[PDB]
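Summary heading: complex between (-)-galantamine and Acetylcholinesterase.
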Amino acid sequence: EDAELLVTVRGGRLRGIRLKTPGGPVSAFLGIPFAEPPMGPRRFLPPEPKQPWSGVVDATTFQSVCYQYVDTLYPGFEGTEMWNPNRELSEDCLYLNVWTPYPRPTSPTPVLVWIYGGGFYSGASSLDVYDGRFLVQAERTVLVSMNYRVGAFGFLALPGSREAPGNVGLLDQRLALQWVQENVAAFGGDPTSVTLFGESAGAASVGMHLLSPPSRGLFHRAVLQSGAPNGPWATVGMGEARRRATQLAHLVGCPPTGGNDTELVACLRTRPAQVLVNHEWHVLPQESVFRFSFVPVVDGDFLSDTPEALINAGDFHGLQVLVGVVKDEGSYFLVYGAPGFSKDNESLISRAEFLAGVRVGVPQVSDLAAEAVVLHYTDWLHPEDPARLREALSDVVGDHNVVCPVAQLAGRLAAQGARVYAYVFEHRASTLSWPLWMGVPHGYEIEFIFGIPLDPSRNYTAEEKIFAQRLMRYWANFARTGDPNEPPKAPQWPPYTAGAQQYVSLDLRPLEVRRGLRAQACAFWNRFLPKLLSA
Amino acid sequence: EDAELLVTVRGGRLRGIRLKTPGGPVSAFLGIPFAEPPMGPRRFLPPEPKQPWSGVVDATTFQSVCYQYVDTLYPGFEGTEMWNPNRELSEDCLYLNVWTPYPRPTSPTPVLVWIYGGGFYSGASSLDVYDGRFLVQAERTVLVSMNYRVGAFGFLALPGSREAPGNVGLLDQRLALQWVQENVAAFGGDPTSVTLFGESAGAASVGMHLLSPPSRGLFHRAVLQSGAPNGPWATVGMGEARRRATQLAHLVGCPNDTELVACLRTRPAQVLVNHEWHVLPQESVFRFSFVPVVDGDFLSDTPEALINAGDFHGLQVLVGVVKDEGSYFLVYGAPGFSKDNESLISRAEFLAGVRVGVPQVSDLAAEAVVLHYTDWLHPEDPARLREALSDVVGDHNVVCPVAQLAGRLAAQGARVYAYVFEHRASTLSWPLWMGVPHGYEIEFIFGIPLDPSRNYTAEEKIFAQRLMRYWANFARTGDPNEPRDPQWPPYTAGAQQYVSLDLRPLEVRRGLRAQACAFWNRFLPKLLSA
Ligand SMILES: *[C@@H]1O[C@H](CO[C@@H]2O[C@@H](C)[C@@H](O)[C@@H](O)[C@@H]2O)[C@@H](O[C@@H]2O[C@H](CO)[C@@H](O)[C@H](O)[C@H]2NC(C)=O)[C@H](O)[C@H]1NC(C)=O
Ligand SMILES: *[C@@H]1O[C@H](CO[C@@H]2O[C@@H](C)[C@@H](O)[C@@H](O)[C@@H]2O)[C@@H](O[C@@H]2O[C@H](CO)[C@@H](O)[C@H](O)[C@H]2NC(C)=O)[C@H](O)[C@H]1NC(C)=O
Ligand SMILES: COc1ccc2c3c1O[C@H]1C[C@@H](O)C=C[C@@]31CCN(C)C2
Ligand SMILES: COc1ccc2c3c1O[C@H]1C[C@@H](O)C=C[C@@]31CCN(C)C2
Ligand SMILES: *[C@@H]1O[C@H](CO)[C@@H](O)[C@H](O)[C@H]1NC(C)=O
């Protein structure tokens, strides 16, 4: 028996595994139960803490993926399969993972906690791209990641009811953070230096923990990659959540529409998990891209008000945040619905297809609102150029859903006391399989932040390995000190501020400082458009 | 006795005067009456044709200026005085002027007809800057300009009423155009080749003649300089016209339309002038009290509607703008502006300036303006705020109405030529920050730089000569171009080509502020309809 691979946490004893990494051994504790399995009667309910156990639990492999829709748009394509589940689907999925240096740190070590994305309907901490071994080895931090319920299982809400209160997926995340506080020290981790990070839906989740006081005491810093809690896709109002829940129930035979919430939920609880998943997409109000059926609900509880309001009206002194976007936030989403789009051709759309795309990309707004979008994204010296139109629709979708929500967050946090750092990730991986026109799409900085290029079995260039090490260093510097900059002659990454609005480009070249996160575009989305929607 | 200066027109006999230019003499007939004096009972009424006279009318000097407000913002300043009346004010002001080559052309000569601007409340055909002598000498056209009633006298309207029907100043212009049809041959002019040109409110006037069928047969080509009939300032609705006429009556102590007009008719002209400004519904720049009214008669619909629904095959138009349409108007009411400093305003002033420059719109509409015209990387930079507010006022009032006219006309059969005039005159007395302001291409079109007693460079003289040639070429053929050697292409809705006019050779460019005009012409109307 190896002492390094044995750990006692509040619930009982654990046995882990020793991982080989290019730079030396790391201890991994994979598949640690942190909640009672949300099975049967516990479906849709807040997570209950894992009851203590006798004997030794083997934390030696990733546990099951929470139930979720499995993408089949491009079967076998690396760009899709890399995000699909790599363990069996089960409702019994509430497990977290701890990676620690080998041997275990002697003094308390800063902790990175990863929260995966997947549009709140998919994802898993077990994916190859979230492998924490390289980060832990390169930077000597402790890394934790958790599974949390997605789709209806995590975010179906009948607001008011005790039986399906909503936001249980976020509560899963909270429970894991509480677990980190109570237990991370046993792995050599410092519960007083915990940095959350997540991408997309995971980034939006991070932001929601920022805006929810019971979560806010469980970490100290935040990293939001390509996502913000205030994005128009990340939350839903109480009535729209109820409408969607009720529509799903109706689609699967419950009750034999609406009625007693207790009874409706009881009928949903008898439906096989896969049955719910198969009907998930059918509850959305209109045809769209970047819209997902079951997402966090603004119900006054987890979120006391909309994330926009909470951001605008919050005191963020003492908080450090790192935020950023990839170069082409919108391109990935266009090949999943927008007319005229494919990863397999140039997607050189016509004007009519562009206008149609605007309604898909900006769903459920007035015609006037749509006209305003068309006005600001049309080049009136070239209104019909297909390549320009393609780029413009990509910007529309990307600005609306990601860049502008991130910019508003960054700007407001800065103005209200937070030290903020902002980046744009501009490197397109040598191994990227999406067509060239998509540029650097949503989600493709992650592999670099996690140091995946160091994986010997993969075919990244040597420069990309150097780049990955640079990025991990920034992230870990931020985790440790609240500042990504090196504790010399190397170019400095300046704070982002509401006035100067400075951010850095992340690519193979050194840091270049720039101004404004799509400032002209984001003034439209963040300042004007909301006034138009009120009138 | 010089027989070249004796002319007989339908109404009787005229005596002109020989004028000198650096290129030789020209014949001028100035102060020819074309209407009965619109005085007493005739105030506010449509013009009546001038009754025949016996003997010889002295046509050797300019006649009286129509009653109008006199600008005293910068007393004695050249940039203001060159526009002010240079003859006594009188309601007896309906005279026109003819300039012709000397000796008088013995064969049909193409005719240019000038309609002055002045916001529809001022202006005169006698101003130095409208002197026809250089154009006529250099380009051998006949040139006609007329006075027309302005302010309340030309445009006060109680719609429906016989006593003040509105648009009479426009009918003064039409009557002069009719006079040209009937009499211009007696001077060597060819009534079958009449080109209208005008600037600002004059340009708006030309456009209105284009869109009004009884005028459309009195001319053949049109030139619209820094103005358009679809400008948000150039017309007013029946309801607002009535409100303004009513407010004027009240302000001057008058009370039924008949009684109201009758009481107005008893008031000295100067008294109407004194209260003219005070009938506007809000503090503004680029808005004027008495302008043409859309009442179904002269204009059967709004100019925008008429423009969109017209067949313009057979028409050639020359349209254009100066480099800095908005700047001049900012020193007449925009907070923080003066000709005497840098006018480096604050964001607060910029924001206050927007409500002034875009009066009578919703807060939402104003916010949209602020969104479009703010550089969000530099939201508070005074220099940029000054340029942007100039852009707001100029795009909204001039550039974009002109762009729309050009686009629709071109797309509906017209052959259109477009220009931007980008030369700042060496003699210009407005500060450098104003750039090339509204009105300051005119002196070049009329070839004023050829006047020896003025201080233009030799380059500017050559330039004026180029410009006179473009304009006169257009009047002769519907195409400004000289024989090939760089060519001035037609403006089209798609390619949107126009040329820059300055000391350098023609340079072709695309888009009359296309991004900004998309906002004013495409988006903003939709917003206002909701
Ligand atoms: C680019 O591709 C889209 C998507 O169509 C699919 O992908 C292509 C690579 C090709 O294999 C198509 O046959 C596939 O259907 C094309 O848009 C489709 O057009 C067809 C009719 O031509 C229509 O039935 C589909 O509904 C369309 N799909 C969408 C989402 O609009 C598009 O025409 C291609 N562009 C080209 C070829 O220039
Ligand atoms: C530039 O001048 C404007 C206009 O003010 C006038 O012109 C000046 C040259 C000077 O003679 C002023 O005294 C004149 O009144 C200034 O705007 C005015 O500011 C004053 C206070 O100083 C205020 O009471 C007025 O309301 C303002 N007038 C307007 C048009 O709003 C402005 O301050 C000057 N800007 C600078 C210094 O760049
Ligand atoms: C809102 O962002 C997303 C919405 C849906 C999905 C993903 C998103 O971001 C991508 C990267 C990462 O976040 C996980 C999955 C993504 C790629 C895989 N697709 C199939 C699911
Ligand atoms: C709408 O344009 C204008 C409104 C009012 C005035 C002028 C305008 O354009 C200028 C040039 C010319 O047309 C005549 C007068 C102008 C300059 C003199 N001021 C005093 C009056
Ligand atoms: C709904 O039905 C259940 C099943 O018996 C019952 O116990 C419960 O009280 C009902 N709830 C409401 C609010 O009617």
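Each chain gets a letter, A, B and so on, in the order the sequences are listed, and its residues count up from 1. Both backbone and side-chain heavy atoms feed into the values below; hydrogens, waters and symmetry mates do not. Just so you know, ligand 1 is whichever comes first in the structure, and atom 1 is the first atom listed for that ligand.
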Just curious, which ligands or chains go with (-)-galantamine?
ligands 3 and 4
Write down the other chains contacting (-)-galantamine (ligand 4), where contact means heavy atoms under 4.0 Å apart.
B
Which option wins on minimum heavy-atom distance to atom 20 (C) of (-)-galantamine (ligand 4): B:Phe329, B:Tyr332, B:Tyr69, B:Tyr328?
B:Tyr328
Just to confirm my output: which protein heavy-atom neighbour is closest to atom 12 (C) of (-)-galantamine (ligand 4), and how far is it?
B:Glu199 OE1, 3.3 Å
Any of the residues UniProt assigns to huprine W binding in chain B within less than 4.0 Å of (-)-galantamine (ligand 4)? Only heavy atoms count, please.
B:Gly119, B:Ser200, B:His438
Given B:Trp233, B:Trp83, B:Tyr121, identify the one with the heavy atom nearest to atom 21 (C) of (-)-galantamine (ligand 4).
B:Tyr121
Atom 2 (O) of (-)-galantamine (ligand 4) [closest protein heavy-atom partner, distance rounded to 0.1 Å]:
B:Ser200 OG, 2.9 Å
In the protein, what heavy atom is nearest to atom 9 (O) of (-)-galantamine (ligand 4), and what distance, to one decimal place, separates them?
B:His438 CD2, 3.1 Å
Any chance you can tell me which UniProt galanthamine binders of chain B have a heavy atom closer than 4.0 Å to (-)-galantamine (ligand 4)?
B:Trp83, B:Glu199, B:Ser200, B:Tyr328
Specify the source organism of chain B, per the PDB record.
Homo sapiens
Given that the side chain starts at C-beta and the backbone is N, CA, C, O, which of these parts of B:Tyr116 lies under 4.0 Å from (-)-galantamine (ligand 4), counting heavy atoms, or is it both or neither?
neither
Just curious, which residues make up the binding site of (-)-galantamine (ligand 4) with non-hydrogen atoms under 4.0 Å?
B:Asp71, B:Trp83, B:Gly117, B:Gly118, B:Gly119, B:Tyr121, B:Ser122, B:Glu199, B:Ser200, B:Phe286, B:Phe288, B:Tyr328, B:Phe329, B:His438
